[PDB]
Amino acid sequence: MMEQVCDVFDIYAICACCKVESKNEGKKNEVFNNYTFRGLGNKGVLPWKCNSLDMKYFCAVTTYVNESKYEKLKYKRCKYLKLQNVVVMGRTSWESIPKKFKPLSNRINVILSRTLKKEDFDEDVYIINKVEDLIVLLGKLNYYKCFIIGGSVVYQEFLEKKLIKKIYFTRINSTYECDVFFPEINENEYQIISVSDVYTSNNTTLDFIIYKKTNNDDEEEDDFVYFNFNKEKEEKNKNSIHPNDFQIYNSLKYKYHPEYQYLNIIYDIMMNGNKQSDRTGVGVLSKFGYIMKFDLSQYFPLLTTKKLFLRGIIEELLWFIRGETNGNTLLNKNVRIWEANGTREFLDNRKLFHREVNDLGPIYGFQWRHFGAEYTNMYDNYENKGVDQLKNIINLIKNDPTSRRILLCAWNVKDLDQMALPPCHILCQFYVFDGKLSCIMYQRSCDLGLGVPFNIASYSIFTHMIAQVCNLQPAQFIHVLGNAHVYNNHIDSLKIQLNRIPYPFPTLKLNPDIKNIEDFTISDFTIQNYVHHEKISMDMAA
Amino acid sequence: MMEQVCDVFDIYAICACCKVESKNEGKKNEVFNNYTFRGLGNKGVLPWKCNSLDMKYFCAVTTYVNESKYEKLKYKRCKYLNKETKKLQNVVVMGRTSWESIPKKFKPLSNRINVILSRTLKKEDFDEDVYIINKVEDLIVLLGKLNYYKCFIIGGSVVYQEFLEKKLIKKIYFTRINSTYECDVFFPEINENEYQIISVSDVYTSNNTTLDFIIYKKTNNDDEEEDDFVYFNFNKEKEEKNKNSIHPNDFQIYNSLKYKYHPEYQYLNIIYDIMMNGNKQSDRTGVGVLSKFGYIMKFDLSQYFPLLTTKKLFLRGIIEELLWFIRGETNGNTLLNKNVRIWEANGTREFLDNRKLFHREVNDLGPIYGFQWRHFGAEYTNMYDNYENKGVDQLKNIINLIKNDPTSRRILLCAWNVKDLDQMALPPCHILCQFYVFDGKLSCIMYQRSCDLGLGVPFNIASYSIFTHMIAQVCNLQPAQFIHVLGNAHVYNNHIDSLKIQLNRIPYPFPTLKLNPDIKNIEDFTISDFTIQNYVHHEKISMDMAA
Ligand SMILES: NC(=O)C1=CN([C@@H]2O[C@H](COP(=O)(O)OP(=O)(O)OC[C@H]3O[C@@H](n4cnc5c(N)ncnc54)[C@H](OP(=O)(O)O)[C@@H]3O)[C@@H](O)[C@H]2O)C=CC1
Ligand SMILES: NC(=O)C1=CN([C@@H]2O[C@H](COP(=O)(O)OP(=O)(O)OC[C@H]3O[C@@H](n4cnc5c(N)ncnc54)[C@H](OP(=O)(O)O)[C@@H]3O)[C@@H](O)[C@H]2O)C=CC1
Ligand SMILES: CC1(C)N=C(N)N=C(N)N1c1ccc(Cl)cc1
Ligand SMILES: CC1(C)N=C(N)N=C(N)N1c1ccc(Cl)cc1
């Protein structure tokens, strides 16, 4: 006994909005939200011109029909009063459509206009006079679903009339000039229930999310239940971790966005992690073994559910490449990532009494460029001492790309004790095929709340660097987690974070001129179109 | 289209079978097939007496009902009889002896309609709420009168015999108890032409025996969010780059399966993934391989020893190798004198010279595994030198951390000594091991840089599973998960036909591994301290059909 039209006639909306350039601030924005993506059109045309991928989506969604499911619909459409779908649109829009493709192939075409006269058009192409008019027309017709493909004005009113069931919203992650925008969706009316994978098309990233109106053969089916007869009736920390804490996170239907690979792990550890001791005093929840994969050819996996800064980690990466072990080099650039591990107190607890403060010992950088060399102090000359692994893996990539020995290992067993701290990131393995570079990095200890996000970005950038100086395109960054833990003092922050819906990922642009791994400088890196949620202090006590 | 009794009334059979105590005439090498599992009962009772997990499964299957589907089922059955316009239960049918084998406190089976076949007894002879029938046909008449979800034939042999004989069974829920017991009753030999295995469950351990659940099938002769799934998969290319070299009909059995939950499928699926999507690359002297990058397999060592069953595997070799590793040895002669040739090819004059190790004695493998495990950092001289207290004894170290600082996130064993690589006859394929300890249980992750799925991987999995057991035992812990990480995973083309065959074999429940409980030091193990039990396996497959 549903008294709602949009729900009976299956009236959906579908669009694609890009970011709009604020004459006040410019491209680099200070705050974001769903209303960030609102650019609809410009000069009677699309802000971008052609988005080969979004186009394929538009078509696929509006031309898709499931005939074996139709009767159920008609049964109720007639009760309330070659199958195809219905595509409503405003005059202006219908006009911006190129002749050869108009009217839309395999669609029901209906133009909501008051100047257009039935005659001018053929029986096929319909023409309505107003909102209410449509509804009736849908009665005297046979269709699967009805899609409002624009324009702005049509969207605007239809949202007021509350005649929209769902909104297929495409987020174009780039800025363009616009003159017409999509209505600010009221989060009390419509809410995101699905977010797709992230892609790159026409030199820009984009994704697809779904807005849903807030309501406020068989033999093998039982065999599935049988095989589950021994499944857990409950979760370890299910109690300690409440449910109304993740209603949004758990309200989503399809979470294909890559960021969920990180978020889902957070969830698993909060719901099933093992409670353990920790020298730091506080406790943690830990699990053993996880995998995340990012397609660097489609996006740069910099988290968006919170804010992340990259200057620090890029400088750290350049510091590694130079083979330095001098913490002062980072402190003088205000990169305090290693400061705690280079203090008098920290070095002494490691029993390195004869080590100068900030002399981190034979860590990463030294192992990458001098594995095997005898470590004296951070100021010594190590030219041509030890094994230059970095150089070697680059030559392997260039001259023997099919090798299965392209590894960069920082876990020098003989030098662990001499290190301020043993490496968390154990090694890197590279793989090359059809001019593409993928990288696997094994991490023995992973702090999901604070370190992992930076760890992801760090190696993604590194894969980009190695690829460029080898004339390859980055492909996959595979992150293998050993001990994965969440600090108890981060649980509250992570709960907030798991309920934030990801924005399409940004992209990484490297100065194309740099051709040798050793020539990169801080200015040679640029993160573009990074749309993100607000900063979150994992440690809320400060 | 006519209707078939078994389908209209949904008549299923559920059983449990073990391995019989049949004679072996002294032939160590026993042959295996499904008929291997056929022990129903003995002396009026179960061959094994009791098995919690299987019984829990039996109760789960025979009492589960989905009242939603009945509406549809009432339609069918009614339309079949030509008739058409309170808690739904299943029907269990059983023979006289089966009924008498049930313990009084469990009679009649709870939440189920109990039907008993008999001639020597009538309703007057029963106190319980049950139905008696003196002939099969009566069951059909009765089913037509009752309101039930599904009908299950739960034995005994005589009963299974007639129901399969009369072609009344739609599917068979078969439990394979992987152990041997004295028996005097057997389940009928299932005809491969009538029934085909369509699902294989995960493997488990219960009452000192592993077991799995398989389903045989009778062979021939919010809904809107569903549309959204279609949309999001709009960018899918329904193509596979190697389907042309690997035809569909070559994986009939493999693809026919519905549920592939047996742990062995983690291996098989990777193989299948590489054959259908691998990358074509070169090798040593034009040899071809298909490869992918980055895989992961997980094995619950508390429930089974993951020794592949779709082909025969011997472990004497990889065990000796492991003890050789633990002893820190680099002398290939030691293995050869035990008729273990795993390292033979890598220690020849020709091989060593090709590696530029001109001054290395034949079979002196150099600073490999063993050495790095007990002396990482020490200068390698020759396989006969004494390296006592030289280099870092990683093995000893990781054992102390597991014992005294179990929460440490530094318990790693690494054989990839960047400085010694060139001095090694061959660089290590198994780069490292990380251990994890929680609640008295030990888990292990092993990263392998290069993986030969056809030959190597099967042995690699067994090697590290055994090592996890050994380490867990000398540390007073219980083995848990062996997690295998694959970097460069490849399949040699010379192996494709052999693997296509293997992919079409159904896995048997895994065996178990037994270690002499007295060995408490990682260094005190000997070949006679390792025992594999109940290894049911397919025929050995020679990967290379050109030898
Ligand atoms: N990214 C996206 O998803 C979309 C982008 N666009 C872009 O935006 C631009 C067009 O949008 P827009 O300016 O809003 O124009 P519209 O396409 O929405 O058409 C508006 C016109 O349609 C008729 N109309 C609308 N509502 C009613 C009503 N209630 N009753 C009677 N007639 C009505 C009237 O035409 P009249 O009375 O004169 O006959 C009106 O002037 C183009 O540049 C196009 O490329 C358009 C749709 C979607
Ligand atoms: N592992 C497993 O899954 C199972 C094991 N078992 C075991 O097997 C043994 C019992 O099997 P089994 O010896 O074959 O005995 P059954 O359970 O099959 O019972 C056979 C008897 O039931 C009656 N019966 C069977 N068919 C008919 C028919 N068509 N018409 C009339 N009466 C019929 C007759 O008894 P009557 O003399 O009264 O006329 C007959 O002698 C026990 O050891 C038990 O523990 C049993 C079921 C399953
Ligand atoms: C192709 C495009 C931009 N993309 C989406 N996701 N939704 C629409 N309604 N579109 C659209 C189609 C036709 C016209 Cl005239 C205007 C916009
Ligand atoms: C418990 C057991 C062995 N287990 C399974 N999977 N199938 C049966 N039919 N069983 C069974 C049920 C009732 C009786 Cl009387 C005998 C055996």
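Chain naming is simple here: A for the first sequence line, B for the second, and so on down. Here chain A follows the PDB entry for its numbers: 1-81, 97-231, 283-608, in order, are the residues you see. Since chain B takes its numbers from the PDB entry, the residues it shows come out as 1-85, 96-231, 283-608. All ligand and atom numbering here is 1-based and tracks the order in the structure. Per the header of the entry, the method used was X-ray crystallography, 2.6 Å.
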What's the name of that drug at ligand 3, by the way? cycloguanil
Would you let me know which chain has the most contact with cycloguanil (ligand 3), using the name from the PDB entry? Bifunctional dihydrofolate reductase-thymidylate synthase
Write down the other chains that contact cycloguanil (ligand 3) with heavy atoms under 4.0 Å. A
At what distance is the nearest protein heavy atom to atom 10 (N) of cycloguanil (ligand 3), and which residue and atom is it? A:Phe58 CD1, 3.8 Å
Please confirm whether A:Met55 comes within less than 3.5 Å of cycloguanil (ligand 3) when only nitrogen or oxygen atoms on both sides are compared. no
With a cutoff of 4.0 Å, is A:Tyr170 in contact with cycloguanil (ligand 3), counting heavy atoms of the residue only? yes
What residue and heavy atom of the protein are closest to atom 14 (C) of cycloguanil (ligand 3), and at what distance? A:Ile164 O, 4.4 Å
I'd like to check which cycloguanil (ligand 3) atoms, numbered from 1 as shown, lie under 4.0 Å from a non-hydrogen atom of A:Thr185. 6 (N)
According to the entry, what organism does chain A come from? Plasmodium falciparum
Give a yes/no verdict on whether any heavy atom in A:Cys15 is under 4.0 Å from an atom of cycloguanil (ligand 3). yes
For cycloguanil (ligand 3), which atoms, with element, lie under 4.0 Å from some heavy atom of A:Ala16? 4 (N), 5 (C), 6 (N)
Quick test of your reading of the structure: of A:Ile187, A:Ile112, A:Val169, A:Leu40, whose heavy atom lies closest to atom 15 (Cl) of cycloguanil (ligand 3)? A:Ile112
Can you tell me which residue and heavy atom of the protein come closest to atom 1 (C) of cycloguanil (ligand 3), and the distance to 0.1 Å? A:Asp54 OD1, 3.4 Å
What are the atoms of cycloguanil (ligand 3), with element, lying closer than 4.0 Å to any heavy atom of A:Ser108? 15 (Cl)
At a 4.0 Å threshold, what atoms of cycloguanil (ligand 3) neighbour a non-hydrogen atom of A:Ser111? 15 (Cl)
In this structure, which residues build the binding site of cycloguanil (ligand 3) when a heavy-atom cut-off of 4.0 Å is applied? A:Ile14, A:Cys15, A:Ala16, A:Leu46, A:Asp54, A:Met55, A:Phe58, A:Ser108, A:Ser111, A:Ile112, A:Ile164, A:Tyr170, A:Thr185
